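Featured here: a structure holding oseltamivir carboxylate.
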Protein chains: 4
Amino acid sequence: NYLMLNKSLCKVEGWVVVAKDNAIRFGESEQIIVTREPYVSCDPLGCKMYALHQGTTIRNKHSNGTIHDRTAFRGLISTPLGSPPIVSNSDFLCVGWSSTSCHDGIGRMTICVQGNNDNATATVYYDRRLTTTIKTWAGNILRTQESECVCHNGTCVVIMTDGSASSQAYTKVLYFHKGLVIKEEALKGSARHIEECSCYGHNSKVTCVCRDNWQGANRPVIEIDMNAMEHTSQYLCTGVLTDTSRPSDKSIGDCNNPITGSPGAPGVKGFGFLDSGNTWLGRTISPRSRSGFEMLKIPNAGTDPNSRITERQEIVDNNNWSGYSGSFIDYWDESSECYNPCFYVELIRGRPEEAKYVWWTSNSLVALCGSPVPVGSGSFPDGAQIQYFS
Amino acid sequence: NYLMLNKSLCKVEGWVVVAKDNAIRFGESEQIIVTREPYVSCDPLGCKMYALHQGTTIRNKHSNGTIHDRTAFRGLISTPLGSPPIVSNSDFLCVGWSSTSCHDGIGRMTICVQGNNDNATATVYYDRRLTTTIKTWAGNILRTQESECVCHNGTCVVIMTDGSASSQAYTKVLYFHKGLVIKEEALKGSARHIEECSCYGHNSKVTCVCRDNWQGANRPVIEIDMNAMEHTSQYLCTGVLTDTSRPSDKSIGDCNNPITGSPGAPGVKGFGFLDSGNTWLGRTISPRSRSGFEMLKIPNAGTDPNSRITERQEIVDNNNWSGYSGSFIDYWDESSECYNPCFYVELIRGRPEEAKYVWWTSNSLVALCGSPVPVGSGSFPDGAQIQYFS
Amino acid sequence: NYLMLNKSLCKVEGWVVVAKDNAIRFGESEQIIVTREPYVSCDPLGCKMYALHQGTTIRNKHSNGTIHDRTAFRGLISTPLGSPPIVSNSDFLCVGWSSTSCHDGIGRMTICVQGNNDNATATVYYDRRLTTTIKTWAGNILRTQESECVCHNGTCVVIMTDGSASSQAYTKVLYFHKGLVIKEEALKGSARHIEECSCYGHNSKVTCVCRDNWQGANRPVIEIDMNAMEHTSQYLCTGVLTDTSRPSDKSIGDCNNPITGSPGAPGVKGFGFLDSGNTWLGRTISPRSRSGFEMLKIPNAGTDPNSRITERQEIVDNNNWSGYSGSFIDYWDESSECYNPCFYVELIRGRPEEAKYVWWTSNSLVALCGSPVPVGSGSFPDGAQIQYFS
Amino acid sequence: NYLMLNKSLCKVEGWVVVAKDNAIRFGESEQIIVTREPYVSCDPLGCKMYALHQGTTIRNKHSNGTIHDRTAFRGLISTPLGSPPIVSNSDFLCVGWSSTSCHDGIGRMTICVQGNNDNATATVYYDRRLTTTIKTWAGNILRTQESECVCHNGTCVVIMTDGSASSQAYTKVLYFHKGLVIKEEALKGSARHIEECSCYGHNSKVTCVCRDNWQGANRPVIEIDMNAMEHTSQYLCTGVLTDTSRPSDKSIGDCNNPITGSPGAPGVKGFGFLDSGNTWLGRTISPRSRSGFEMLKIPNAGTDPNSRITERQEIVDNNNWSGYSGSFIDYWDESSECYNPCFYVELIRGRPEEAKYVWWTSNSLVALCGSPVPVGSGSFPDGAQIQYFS
Ligand SMILES: *[C@@H]1O[C@H](CO)[C@@H](O[C@@H]2O[C@H](CO)[C@@H](O[C@@H]3O[C@H](CO)[C@@H](O)[C@H](O)[C@@H]3O)[C@H](O)[C@H]2NC(C)=O)[C@H](O)[C@H]1NC(C)=O
Ligand SMILES: *[C@@H]1O[C@H](CO)[C@@H](O[C@@H]2O[C@H](CO)[C@@H](O[C@@H]3O[C@H](CO)[C@@H](O)[C@H](O)[C@@H]3O)[C@H](O)[C@H]2NC(C)=O)[C@H](O)[C@H]1NC(C)=O
Ligand SMILES: *[C@@H]1O[C@H](CO)[C@@H](O[C@@H]2O[C@H](CO)[C@@H](O[C@@H]3O[C@H](CO)[C@@H](O)[C@H](O)[C@@H]3O)[C@H](O)[C@H]2NC(C)=O)[C@H](O)[C@H]1NC(C)=O
Ligand SMILES: *[C@@H]1O[C@H](CO)[C@@H](O[C@@H]2O[C@H](CO)[C@@H](O[C@@H]3O[C@H](CO)[C@@H](O)[C@H](O)[C@@H]3O)[C@H](O)[C@H]2NC(C)=O)[C@H](O)[C@H]1NC(C)=O
Ligand SMILES: *[C@@H]1O[C@H](CO)[C@@H](O[C@@H]2O[C@H](CO)[C@@H](O)[C@H](O)[C@H]2NC(C)=O)[C@H](O)[C@H]1NC(C)=O
Ligand SMILES: *[C@@H]1O[C@H](CO)[C@@H](O[C@@H]2O[C@H](CO)[C@@H](O)[C@H](O)[C@H]2NC(C)=O)[C@H](O)[C@H]1NC(C)=O
Ligand SMILES: *[C@@H]1O[C@H](CO)[C@@H](O[C@@H]2O[C@H](CO)[C@@H](O)[C@H](O)[C@H]2NC(C)=O)[C@H](O)[C@H]1NC(C)=O
Ligand SMILES: *[C@@H]1O[C@H](CO)[C@@H](O[C@@H]2O[C@H](CO)[C@@H](O)[C@H](O)[C@H]2NC(C)=O)[C@H](O)[C@H]1NC(C)=O
Ligand SMILES: CCC(CC)O[C@@H]1C=C(C(=O)O)C[C@H](N)[C@H]1NC(C)=O
Ligand SMILES: CCC(CC)O[C@@H]1C=C(C(=O)O)C[C@H](N)[C@H]1NC(C)=O
Ligand SMILES: CCC(CC)O[C@@H]1C=C(C(=O)O)C[C@H](N)[C@H]1NC(C)=O
Ligand SMILES: CCC(CC)O[C@@H]1C=C(C(=O)O)C[C@H](N)[C@H]1NC(C)=O
Ligand SMILES: *[C@@H]1O[C@H](CO)[C@@H](O)[C@H](O)[C@H]1NC(C)=O
Ligand SMILES: *[C@@H]1O[C@H](CO)[C@@H](O)[C@H](O)[C@H]1NC(C)=O
Ligand SMILES: *[C@@H]1O[C@H](CO)[C@@H](O)[C@H](O)[C@H]1NC(C)=O
Ligand SMILES: *[C@@H]1O[C@H](CO)[C@@H](O)[C@H](O)[C@H]1NC(C)=O
Ligand SMILES: [Ca+2]
Ligand SMILES: [Ca+2]
Ligand SMILES: [Ca+2]
Ligand SMILES: [Ca+2]
């Protein structure tokens, strides 16, 4: 029952919300687990939300200090898609402060990276059993995708980075079978820096849209042949810039070099679906802050430096906080002849942005899937009144 | 294993309570989810309560403002029948502020309507996967039944309305197979306005008892042939008026026109079971407010304008709040040769009626099923002391 | 897979605790459901605690007034044996203020009695579906066992009473098949009053030890032939009195008449296992109040008026509150050649006895099973500090 | 499907964290169950945490006094590995204040010891049904392993002790089949006192590393032949002392006699894996207090009195509290040709050590598994700020 990526992407004319956990609203009174960098992964039995918990709930004195990325009290949880995460409905999968997870059609592989900054180790599980460990190779925050990996013919591909966040680093493309590394390649191609890849599968290939945290406000792209287990890397061709922060959009993009100019923030995790005319990119509305979120239809954004926005859908209006965004697909919808693009938006609340109200940072989640036909409109922000928490 | 509606309704001589979640009483301390417009739907594995949550619990500061019908923080939950809804026992099914759900014998179809008032879209799921989307066709609060739909031979019928709440609107009768629209008809017949249909199946047909929010205090009725997938509409014939608000009962009803005179409130969701002599209608006891609830036996209420009440059972006494009511049936009770009529009553607490005590509105649920033999008596109100919440 | 009562009782030399939910201790902070009159019932998949909830938790303002026996907010819950009951782990089975439940080997039958005092109806379920209703026949608190019923060859026997609590009443022995009454007998024999029977099965028979709430401090006994579906009734023969309240033990008991003299309280639910020399009776230690609990070995207590106590085990010491007690047996322990006697003790806290500390009454549960070999000793009281709740 | 111990231990070059429940951090607000002496046990369907609860949660007034070891309100719970224990996710398995549990490949056997200090009885369950009881034989706190037992060919071995904690006592090696004792041996060999054995299986044998609470700061060891069901006992040979408290390490250890000198505390539960060069022992970092935890690689520690530490991994740094530690193995990882050593560390918080902050004592849990390859580093302490609880 190994997943074979034998399908193309569905045409997407618009997006609808399939899940929204409202975690922060509920978190005002219920024991909602403090989380960040969430994502969604499906498998033959359904879909679940995944997130990095902070070993505390919101209305808990330990919520103080949760802006920090890496502690010994972090781990990966999965909770039913659409539900806010509480202890009672959450599966504690592994311990660590960076993660990825995916199902190969028979078993789920999940990875957590734990330990000190200079001496970290990735813990790899298959079917919920420890299978292998991978030591830091650069000695500086070994880290991975923060969204679902993708599998094909029993092999799952994972993108990991080790080394400096703000200059040249050491990224590897890893191929796993049953939670064991069977092949590794150092990053090839023109992408100068790779972080937090959002990946999806199609026709025996995997496309990853990533984060250049070094120089680029245009997103790097990794292309993987899953049968040959080889890859190459590049940048998106559009001058429509979709990282944050970023300068104004250019008339002409650069397929092979990072476009610089970014005001301050070096990056945010994002995604895109590259399918010629059926090409959609995600983007914070603010070019400076993680506020708002919009889906842009940009035909051939992956190949044409003169590509332009043709359609736009607002997901979160610019008066509200967003954050990470990543791709996922139900690869086991056997009643559809195509893979339907889906994505999630992390809705970050608290610090640093709301430091005057609150000592914690957490997030809620909204998840969207594509429709081949025109849809209506609507904004889906976090919805909590932060003052309630002061 | 497709459900075939090959049975008639059981004779009902009286009603007994099968479930009562006591949500508001529990909500005084436990993290009960704030809800409204609930219902019940069965399937081969059992029955569950369905409701529209408000993205908060009662003892949560976000409970303030929950009188509002449509927000981005609303969604559909299912919880085990009889239990009050908390995060731990609730399945978050879709996002939206109007819904319906039913099982076809093999898979469950559920529908949520989400988005802005003028630009709404229905999201349709089959077996918990997004299958189709339906855009607003009138551009004014696309909306549906707020109780279970009904299926036959793999086809499920749904009633939806789009347009003005207080004048002529655009109602469609939709036929689904595996979450895909296979046929649509504009409303036919003499019913002038259709809202919030309560439907049940019998002998390859579906009967819907609805809400005329425009002119009528007598309830419109939709009759559907499930094999031909055609329908017609009408009003109940009785002069015993069962909407709220309503004027006094008339000696002679009108099978083909709305009976006007209503004091204030234009309508409330209700139901009826039309089976000749075995005909029962539901009704708030107050003709002005959503207080009390009574079951009335009115032989041939669906066909005879001179029909009269012959039996009455009080369900909720007039010193207590009620609200919506709708029909449901366990269509998979294979040990019975007949379909037993069941119904639920929404017990609304808080605003607007209890505005001086509280800033929220939510509801509890009581569910009843029929008995072919005389039963005893009893009132089953919400049971919370609203002052405890001040 | 119908249960056939083809086994005898195991020899019991002593008792050990298999479950203790500590509900009141936990109830100091956790949302423990307020309950009373609990019991235990097994089936092929395991054992669960059953209880009558009060539609509230302890640390909830609605806990005020829970001394009252019959409200519209009462129902039957089942929770995993050994766990304290919370909403998250409890199955809300039916609505009512008196109940019984048992598994026939294929399906579980459960019964709740609901409604007004003079107009009550029993609701009967089989495999969690409403099957039949039974109207009050005497018009005064139709009521039943408050512990598990027993089944044989597809037929389950239930004892119900309707009428006066303090004088002659109308008790029926009912035989059910798949939640349908197939036979009823009026009480026969010398027992003058029957309440709250504790029943167990053995060798195609059912023995019930009950409560004479009228005259007798000695317990009435009902003997049922399950193949013939006929019964007879009697009193325990011992002069060792095991109801509460009761006068001092007599040298000579009465097999056929109630022994009077009771100080105040007319009765409490209790049990016994009648197996010649292997005969054990339960008993509050105080002859006046529901405090303490002790198991007494009284050979031939069921047949010999000169029977004497030979062994004694203290379960709850006399400095602590007890309450109801009843019998249960795992009839699906296929690895044992005998049915092992088990019983539960209801540990009542709050009113009326602790009225000066608290406005609620609830209970915790301790459950014991027999051992064919000598065991050690120990007291297992509720364990809550009632002052914590003031 | 009986487990056959047909495998050897995997080589371990280092340890990674697979689970950390963060119970005390969560316990600041969520209803976390108060526990101590936890452990981990696997079976064909996965792994779960086991612990002795105290019949209360942390933020509960009944948490006051939980330093006491033995009450009637103690029992054994199992909760999903990695999750903190709450009522909603915990299985209440038996009642008592000492326990062990293991799966034989077909059914789980679990044991609780309950009752008074001089008159205790072990309750034994197989497949969650009471199977046998074992009365105290020395009349002084009958007690057992506080970690998982081990099974082979349908037989599970358990180590129990009865008698004085601070002098000669009466230890038995018990062999169970389906929860029935089939063989018992009095302790043989040179070990003078045996408490709280940590056991693991390998090649049809079981090795237990225990606690000499009488004289020895070096750990006693029990060797069991599982086919012959015979055992012998000894001490670890190393002069590297791994009990607490303990004097400084000696150059030469004693294979056959306890090494004395211990400052104060007579012992703590610990473990070791004895596999020649692949030999690892656990140890509190402080030789006086239960603070810190370190894994030491000591080749042939079980056979060579001149054995030395060669590798060391810090698990919990010496600024943090630890406690018990024990061994466990997933014996049903069929994709590995070897049994991978795993262990847990109990992280005790509260009294006696933090008596000035708090009136309770509880623990959190961290669980580690081996890796055949070098890993990174990191400390994994409890992580709660005890001042938050004052
Ligand atoms: C959340 O955690 C932060 C950090 O612990 C808390 O802020 C800190 O509060 C302490 C007082 O409890 C401040 O300590 C002070 O430090 C100065 C030196 O900077 C010293 O001279 C004083 O005697 C005092 O000890 C500390 O400065 C302050 N830190 C910051 C960054 O403001 C905060 O109060 C916590 N929030 C809640 C709601 O508890
Ligand atoms: C539940 O929500 C309502 C609405 O937010 C709260 O009522 C509102 O309370 C605010 C004060 O916090 C009032 O604001 C005032 O508005 C007037 C103008 O109308 C302005 O001149 C004042 O300076 C002040 O800002 C607001 O009027 C009031 N709204 C209503 C409709 O009464 C309510 O307090 C909330 N309940 C709880 C328990 O928090
Ligand atoms: C639990 O519920 C009981 C019953 O409602 C509460 O006791 C009652 O408290 C009210 C005051 O809130 C008393 O009302 C008084 O009644 C007298 C006539 O008897 C009237 O003249 C006074 O003006 C006043 O309204 C009532 O007597 C009293 N009932 C009893 C039996 O004492 C009790 O306070 C509740 N407990 C908690 C903790 O809220
Ligand atoms: C946790 O439990 C302990 C033990 O019950 C509490 O400490 C105790 O507090 C009581 C007062 O409530 C003290 O009682 C006093 O005893 C002396 C004789 O020793 C007597 O002369 C006084 O009249 C008074 O009754 C008791 O000494 C004290 N025990 C200890 C060991 O300090 C403690 O307060 C509880 N913690 C919390 C937060 O409630
Ligand atoms: C899917 O994976 C299998 C296993 O790796 C591939 O089949 C193997 O192909 C190699 C040669 O390329 C043979 O030596 C092995 O014996 C094959 N294994 C089996 C089990 O048949 C297969 O080629 C892969 N599919 C694709 C499309 O590449
Ligand atoms: C139940 O549904 C099936 C499928 O729609 C109906 O069977 C189809 O009937 C049409 C003609 O009306 C044929 O062309 C199809 O080939 C049939 N499909 C199958 C799978 O047999 C069937 O008629 C419906 N039942 C009723 C009573 O109307
Ligand atoms: C167990 O129950 C079955 C069903 O009631 C009994 O079998 C029936 O016996 C009657 C005569 O007594 C026959 O007329 C029926 O045809 C039988 N039914 C079946 C399905 O065989 C059976 O006798 C009962 N067992 C005992 C020991 O009394
Ligand atoms: C595993 O256990 C079984 C059962 O105890 C052992 O098989 C038994 O061996 C005895 C003689 O030693 C025979 O008398 C029994 O008839 C056997 N029972 C069965 C079911 O075959 C078996 O020897 C054990 N395995 C090992 C390796 O010792
Ligand atoms: C360490 C570099 C990495 C990518 C730039 O930083 C990320 C920045 C993130 C951010 O920009 O919000 C927060 C992430 N938690 C962090 N990842 C880790 C493992 O700490
Ligand atoms: C928008 C018209 C519609 C039917 C009249 O209003 C209903 C009135 C209801 C009512 O009268 O209580 C509340 C319902 N939540 C609402 N439905 C929606 C989708 O908002
Ligand atoms: C109504 C008579 C009946 C038996 C004497 O009273 C019982 C007394 C019980 C008791 O003595 O504690 C409380 C029970 N809840 C009650 N049963 C019902 C249905 O109310
Ligand atoms: C009774 C002797 C026994 C072993 C020394 O004491 C243990 C000491 C333990 C300890 O040193 O922390 C606490 C354990 N809870 C206790 N075991 C029991 C059953 O009480
Ligand atoms: C409805 O939403 C779509 C975006 O999906 C937008 O193009 C369209 O203009 C909207 N219609 C109205 C009336 O706002
Ligand atoms: C019992 O209830 C029925 C209604 O179901 C009613 O007709 C009857 O009069 C009631 N009996 C009494 C005595 O109240
Ligand atoms: C142990 O308990 C039994 C009761 O089960 C009792 O007979 C015996 O005397 C007790 N032993 C001691 C030493 O208390
Ligand atoms: C990483 O951890 C190992 C222990 O597992 C240790 O031997 C090594 O020195 C560490 N490396 C660094 C750079 O700290
Ligand atoms: Ca960037
Ligand atoms: Ca109307
Ligand atoms: Ca009596
Ligand atoms: Ca020692």
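Chain letters run A, B, ... following the sequence lines, proteins first, then strands; residues in each count from 1. In each ligand, atom 1 is the first atom listed, and ligand 1 is the first ligand listed. Only heavy atoms go into these numbers, but all of them, side chains included; no hydrogens, no water, no symmetry mates.
- The parts of the structure that belong to oseltamivir carboxylate are ligands 9, 10, 11 and 12.
- What binds oseltamivir carboxylate (ligand 11) most in this entry is, by the naming of the PDB entry, Neuraminidase.
- With heavy atoms closer than 4.0 Å, the chains neighbouring oseltamivir carboxylate (ligand 11) read C.
- Close contacts between oseltamivir carboxylate (ligand 11) and C:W97 involve ligand atoms 19 (C) [criterion: under 4.0 Å to a heavy atom].
- Of the protein's heavy atoms, none falls inside 4.0 Å of atom 6 (O) of oseltamivir carboxylate (ligand 11).
- As deposited, the model links oseltamivir carboxylate (ligand 11) by no covalent bond to any chain.
- Atoms of oseltamivir carboxylate (ligand 11) lying under 4.0 Å from any heavy atom of C:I141, numbered from 1 in the order shown and given with element: 1 (C).
- In terms of protein heavy-atom proximity, atom 18 (C) of oseltamivir carboxylate (ligand 11) is nearest to C:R70 NH1, 3.9 Å.
- At under 3.5 Å, a nitrogen or oxygen of C:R36, whether backbone or side chain, sits near a nitrogen or oxygen of oseltamivir carboxylate (ligand 11).
- Protein heavy atom closest to atom 16 (C) of oseltamivir carboxylate (ligand 11), with residue, atom name and distance, is C:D69 OD1, 3.9 Å.
- Proximity to C:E195 (heavy-atom distance under 4.0 Å) selects the following atoms of oseltamivir carboxylate (ligand 11): 4 (C).
- At under 3.5 Å, not a single nitrogen or oxygen of C:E146, backbone or side chain, sits near a nitrogen or oxygen of oseltamivir carboxylate (ligand 11).
- Of the candidates C:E37, C:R143, C:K269, C:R290, the one placing a heavy atom closest to atom 12 (O) of oseltamivir carboxylate (ligand 11) is C:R290.
- Of all atoms in oseltamivir carboxylate (ligand 11), numbered sequentially from 1 with element shown, those under 4.0 Å from a heavy atom of C:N213 are 5 (C).
- With a non-hydrogen cut-off of 4.0 Å, the residues around oseltamivir carboxylate (ligand 11) amount to C:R36, C:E37, C:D69, C:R70, C:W97, C:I141, C:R143, C:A165, C:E195, C:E196, C:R211, C:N213, C:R290, C:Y324.
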